[PDB]
A.B. asks: 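Got a structure for you, written out below as structure tokens; questions coming shortly.
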Amino acid sequence: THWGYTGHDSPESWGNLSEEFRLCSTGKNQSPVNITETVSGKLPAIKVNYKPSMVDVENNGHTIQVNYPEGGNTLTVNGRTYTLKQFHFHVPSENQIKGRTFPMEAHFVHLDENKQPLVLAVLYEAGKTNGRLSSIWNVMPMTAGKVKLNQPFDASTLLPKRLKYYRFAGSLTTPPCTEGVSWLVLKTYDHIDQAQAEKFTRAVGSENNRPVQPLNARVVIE
Ligand SMILES: CC(=O)Nc1nnc(S(N)(=O)=O)s1
Ligand SMILES: [Zn+2]
């Protein structure tokens, strides 16, 4: 079933597009969120074990995704190890800090060995060109499709050395809006060109951020 960010199948209507998408409207622990008030807590430190891999670059209609057909890129937090599957982008950002929307956001999507999902998010301010992303931007499929990149890509370069994060629980930001997703949002921001942002939008065909959702019961730790 088709869905999107504009027109008549937009995010406020995702719930009634089918029965399997119904948590997009009835869920109480949904992403993204406006992080406004937090609780200052002793969060467990992130350990990134990312290395170069032979990735491919896909345009799936809704985003530009970079898929990892093997394990090997992991991140460890609080004892559990999480395998990176794919990372991808929203322009503009989905999550907000104090009502601030950033020109782009990245989502590094993982499963531990229980299939318990974790999203690690990087936020992009407007700034100089992103040298480390230009490898992906060059081959970026400008319609639905897939290119195997034939030079190794290193996702370690897309994460900061300073790894403080905001921690909450949430959902996918795309249908079926499944819950049980751990959200870690990094505090140190990366940077993108105005042109890299336009180009993404040109490829994907729209602004691909879901509107922010109520926190309800949820507390955000920082
Ligand atoms: C099948 C699948 O993996 N779907 C998703 N992955 N990441 C998502 S996002 N916008 O929540 O981070 S939705
Ligand atoms: Zn996403």
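We're sticking with the PDB entry numbering for chain A, so the shown stretch reads 5-226, in order. Atoms within a ligand are numbered from 1 in the order they appear, just like the ligands themselves. Heavy atoms only: backbone and side chains are in, while hydrogens, waters and symmetry mates are out.
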A.B. asks: Specify the drug or drug candidate modeled at ligand 1.
C.D. replies: acetazolamide
A.B. asks: What is acetazolamide (ligand 1) bound to here, taking the chain with most contacts and naming it as the PDB entry does?
C.D. replies: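 Most heavy-atom pairs belong to Carbonic anhydrase.
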A.B. asks: Which atoms of acetazolamide (ligand 1) sit under 4.0 Å from any heavy atom of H111?
C.D. replies: 9 (S), 10 (N), 12 (O)
A.B. asks: Does the protein place any heavy atom closer than 4.0 Å to atom 8 (C) of acetazolamide (ligand 1)?
C.D. replies: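 So far as the 4.0 Å threshold goes, atom 8 (C) of acetazolamide (ligand 1) is in reach of a protein heavy atom.
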A.B. asks: Could you tell me which atoms of acetazolamide (ligand 1), counted from 1 in the order shown, lie closer than 4.0 angstrom to a heavy atom of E98?
C.D. replies: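 Those of acetazolamide (ligand 1) that fall under 4.0 Å from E98 are 10 (N).
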A.B. asks: In the PDB record, what organism appears as the source of chain A?
C.D. replies: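 According to the deposit, it's Neisseria gonorrhoeae.
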A.B. asks: Distance under 4.0 Å to a non-hydrogen atom of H94: what atoms of acetazolamide (ligand 1) satisfy this?
C.D. replies: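 It comes down to these atoms of acetazolamide (ligand 1): 10 (N).
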A.B. asks: Hey, is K89 one of the residues with a heavy atom under 4.0 angstrom from acetazolamide (ligand 1)?
C.D. replies: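 Under 4.0 Å: no for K89.
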A.B. asks: Counting from 1, what acetazolamide (ligand 1) atoms have a heavy atom of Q90 closer than 4.0 Å?
C.D. replies: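 Near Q90, meaning under 4.0 Å from one of its heavy atoms, acetazolamide (ligand 1) has 6 (N), 7 (N).
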A.B. asks: Check acetazolamide (ligand 1) against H92 and write out every atom of the ligand that is under 4.0 Å from a heavy-atom position of the residue.
C.D. replies: 7 (N), 8 (C), 9 (S), 10 (N), 12 (O)
A.B. asks: What's the shortest distance from atom 13 (S) of acetazolamide (ligand 1) to any protein heavy atom, and which residue and atom give it?
C.D. replies: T178 OG1, 3.0 Å
A.B. asks: For atom 2 (C) of acetazolamide (ligand 1), what is the closest protein heavy atom, and at what distance to 0.1 Å?
C.D. replies: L176 CD1, 4.7 Å
A.B. asks: Determine, using UniProt domain annotation, which domain of chain A makes most contacts with acetazolamide (ligand 1).
C.D. replies: Alpha-carbonic anhydrase
A.B. asks: Using a strict 4.0 Å cut-off to heavy atoms of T177, name the atoms of acetazolamide (ligand 1) that fall inside it.
C.D. replies: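 Matching atoms, with element in brackets: 9 (S), 10 (N), 11 (O).
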A.B. asks: Which part of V113 is near acetazolamide (ligand 1), with near meaning a heavy atom under 4.0 Å away: side chain, backbone, both or neither?
C.D. replies: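 For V113, only side-chain atoms sit under 4.0 Å from acetazolamide (ligand 1).
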